[PDB]
Novice: 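Today's structure: one with dicloxacillin (open form).
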Amino acid sequence: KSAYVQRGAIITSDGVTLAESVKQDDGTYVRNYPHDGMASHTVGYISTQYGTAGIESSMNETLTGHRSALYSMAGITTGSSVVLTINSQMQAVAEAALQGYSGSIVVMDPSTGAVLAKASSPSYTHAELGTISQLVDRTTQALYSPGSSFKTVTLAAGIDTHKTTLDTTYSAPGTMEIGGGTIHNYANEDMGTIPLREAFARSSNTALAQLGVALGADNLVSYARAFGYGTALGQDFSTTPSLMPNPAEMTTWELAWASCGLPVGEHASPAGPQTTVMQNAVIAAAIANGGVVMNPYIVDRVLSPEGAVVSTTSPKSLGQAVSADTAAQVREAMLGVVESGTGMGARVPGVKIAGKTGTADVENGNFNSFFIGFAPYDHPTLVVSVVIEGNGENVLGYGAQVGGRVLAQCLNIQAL
Ligand SMILES: *C(=O)[C@@H](NC(=O)[C@H]1[C@@H](C)ON[C@H]1c1c(Cl)cccc1Cl)[C@@H]1N[C@@H](C(O)O)C(C)(C)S1
């Protein structure tokens with residue numbers, strides 16, 4: 001029966017139709033994808049060979065459309081349409097910034113969790129699914145070691161528990177023994193004794209590991225969970241949960257590394273942290289939003305075949321991960337990263353951008369570049385989360401450059 005019932009459309013917030021059904025002279029309907037290639041992973045597909053993904057999958061009941069003994073009357077009833085929170089201009093900006101690279105970008109509204117752009121690369125067209133890495137959604141369904149981008153969580157926790165302050169000094173030596181193994185700063189750089197805001201801006205592992213060990217495993221895990229770890233984020237799309245160990249299984253050395261964003265644990269529970277890019281955006285959004293974590297969403301509203309609004313998504317909080325005072329301090333620390341530390345590549349003349357960078361080593365001596373951030377600093381209206389994957393190219397600092405560029409172009413779009 002269901003080939004004769006028209007499937008609803010998938011449309012961006014600014015009115016660009018990305019999926020559509022057209023009636024045949026046969027009476028059946030064929031699925032068409034205008035601007036084929038835009039937001040492919042988000043729009044998704046239903047394919048015997050390739051599976052299901054994206055909105056075609058997650059909103060399938062709504063688009064399908066819930067007397068039936070007559071196939072001739074099946075036409076008389078239409079699926080309802082879905083208007084996404086994705087803006088086509090911001091989507092194009094994120095897609096352009098990934099050309100030539102593997103990785104992904106999420107742009108989100110920090111006060112609501114609305115997903116404004118969501119891009120993964122390499123990508124595909126729907127036309128390609130009619131023949132025989134591209135199908136993986138690297139924003140929500142790939143896990144990465146977050147590296148130093150996770151120090152945002154460590155810092156937040158340290159401040160929120162009143163165990164440290166941005167002006168508290170730490171020894172930040174090139175190497176240090178912790179829990180019977182070694183932690184080293186990048187390039188074994190000895191930074192001497194410096195305030196935490198500077199250790200964070202310059203991304204010292206030896207300093208941040210000492211904070212992680214002061215916090216303890218229970219605290220670190222609990223705060224990661226409060227930011228969304230362990231939750232399949234997304235009101236209306238699938239995200240694979242970001243992972244932390246069972247804190248009871250962690251060692252001190254493991255803890256030290258985890259607090260710098262490197263999963264090195266060996267135990268029954270997973271090693272962590274392992275993050276999605278979406279989870280990283282949710283962390284930046286919580287910090288930008290006074291500590292309030294939002295469950296992100298990608299559907300704005302549902303429309304009936306006649307264009308009436310049938311329902312509207314409501315923003316929903318997953319709780320307050322840290323206090324407002326803590327969030328303000330973390331924002332300030334993040335401003336330092338971009339103004340005077342490892343995130344200077346994200347600077348954009350005439351707008352204050354804040355963020356945190358990371359770099360993580362993976363298999364075969366490859367490494368990935370991360371960035372989370374928000375803008376403008378005072379009254380944030382956008383959050384970005386990026387991963388640029390190395391795969392045998394050095395991409396040091398690329399996440400930050402991509403991040404700043406996307407924030408700046410997205411701010412301009414907002415201004416129009
Ligand atoms: C965080 O990303 C931290 N990264 C590193 O030190 C990385 C790279 C350079 O190699 N392996 C790493 C690692 C170590 Cl040695 C220790 C703990 C965690 C990791 Cl992922 C610093 N942050 C980055 C920047 O991108 O923020 C630097 C390259 C400045 S070093």
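Residue numbers count from 1 along this sequence. When a ligand or atom number is given, it counts from 1 through the structure's own listing order. Values reported hereafter were calculated over all heavy atoms of this structure, with side chains retained and with hydrogens, waters and symmetry mates removed.
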Novice: I'm curious which chain is the main partner for dicloxacillin (open form, ligand 1) in this model - what does the PDB entry call it?
Specialist: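 It sits in most contact with Peptidoglycan glycosyltransferase.
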Novice: I'd love to know the binding site of dicloxacillin (open form, ligand 1) - heavy atoms within 4.0 Å, chain and number please.
Specialist: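 Residues with a heavy atom in range: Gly147, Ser148, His184, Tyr186, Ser203, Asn205, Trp257, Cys260, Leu262, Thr342, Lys356, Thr357, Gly358, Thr359, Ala360, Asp361, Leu396.
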Novice: How close does the nearest protein non-hydrogen atom get to atom 30 (S) of dicloxacillin (open form, ligand 1), and which residue and atom is it?
Specialist: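 The answer is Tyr186 CB, 3.4 Å.
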Novice: List dicloxacillin (open form, ligand 1) atoms under 4.0 Å from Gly147, heavy atoms only on the residue side.
Specialist: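 Contacts of dicloxacillin (open form, ligand 1) toward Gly147, numbered from 1: 2 (O), 20 (Cl).
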Novice: Looking only at distances, can you tell me whether any N or O atom of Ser203, backbone or side chain, sits closer than 3.5 Å to an N or O atom of dicloxacillin (open form, ligand 1)?
Specialist: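 N/O-N/O distance under 3.5 Å: yes.
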Novice: Tell me which protein heavy atom sits closest to atom 26 (O) of dicloxacillin (open form, ligand 1), plus the residue, atom name and distance to 0.1 Å.
Specialist: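 Of every protein heavy atom, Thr357 OG1, 2.4 Å lies nearest to atom 26 (O) of dicloxacillin (open form, ligand 1).
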Novice: With a cut-off of 4.0 Å, which atoms of dicloxacillin (open form, ligand 1) are near a heavy atom of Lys356?
Specialist: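 Those qualifying, in numeric order: 26 (O).
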Novice: Could you tell me the residue and atom name of the protein heavy atom closest to atom 20 (Cl) of dicloxacillin (open form, ligand 1), and the distance to it rounded to 0.1 Å?
Specialist: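 Ranking protein heavy atoms by distance from atom 20 (Cl) of dicloxacillin (open form, ligand 1), first comes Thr359 O, 2.7 Å.
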Novice: How far is atom 21 (C) of dicloxacillin (open form, ligand 1) from the closest protein heavy atom, and which atom is that?
Specialist: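 Going by distance alone, atom 21 (C) of dicloxacillin (open form, ligand 1) is nearest to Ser148 OG, 2.9 Å.
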Novice: Specify the protein heavy atom at minimum distance from atom 16 (C) of dicloxacillin (open form, ligand 1): its residue, its atom name, and the distance to 0.1 Å.
Specialist: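 That would be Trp257 CZ3, 2.7 Å.
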Novice: What does the deposited model list as the covalent connection for dicloxacillin (open form, ligand 1): residue and atom, or none?
Specialist: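 The deposited model shows a covalent tie to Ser148 OG.
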Novice: Under 4.0 Å from a heavy atom of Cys260: give me the atoms of dicloxacillin (open form, ligand 1) that qualify, with their elements.
Specialist: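 Dicloxacillin (open form, ligand 1) atoms under the 4.0 Å threshold to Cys260: 17 (C), 18 (C).
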Novice: So if I count the atoms of dicloxacillin (open form, ligand 1) from 1 in the order they appear, which ones are less than 4.0 Å from some heavy atom of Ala360?
Specialist: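 Listed by number with element, the hits are 20 (Cl).
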Novice: Give me the residue, atom name and distance of the protein heavy atom closest to atom 15 (Cl) of dicloxacillin (open form, ligand 1).
Specialist: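 Nearest neighbour among protein heavy atoms for atom 15 (Cl) of dicloxacillin (open form, ligand 1), to 0.1 Å: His184 NE2, 2.9 Å.
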Novice: Could you tell me the residue and atom name of the protein heavy atom closest to atom 14 (C) of dicloxacillin (open form, ligand 1), and the distance to it rounded to 0.1 Å?
Specialist: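 Of every protein heavy atom, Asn205 ND2, 3.4 Å lies nearest to atom 14 (C) of dicloxacillin (open form, ligand 1).
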Novice: Taking only heavy atoms of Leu396 into account, list the atoms of dicloxacillin (open form, ligand 1) that are under 4.0 Å away from them.
Specialist: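 Those atoms are 28 (C).
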Novice: Which heavy atom of the protein is the closest neighbour of atom 29 (C) of dicloxacillin (open form, ligand 1), given with residue, atom name and distance?
Specialist: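 Ranked first by proximity to atom 29 (C) of dicloxacillin (open form, ligand 1) is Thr342 CG2, 3.8 Å.
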Novice: Taking only heavy atoms of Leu262, which atoms of dicloxacillin (open form, ligand 1) are found under 4.0 Å from at least one of them?
Specialist: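 Those of dicloxacillin (open form, ligand 1) that fall under 4.0 Å from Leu262 are 18 (C), 19 (C), 20 (Cl).
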Novice: What does the entry say the source organism of chain A is?
Specialist: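 Per the PDB, the source organism is Atopobium parvulum DSM 20469.
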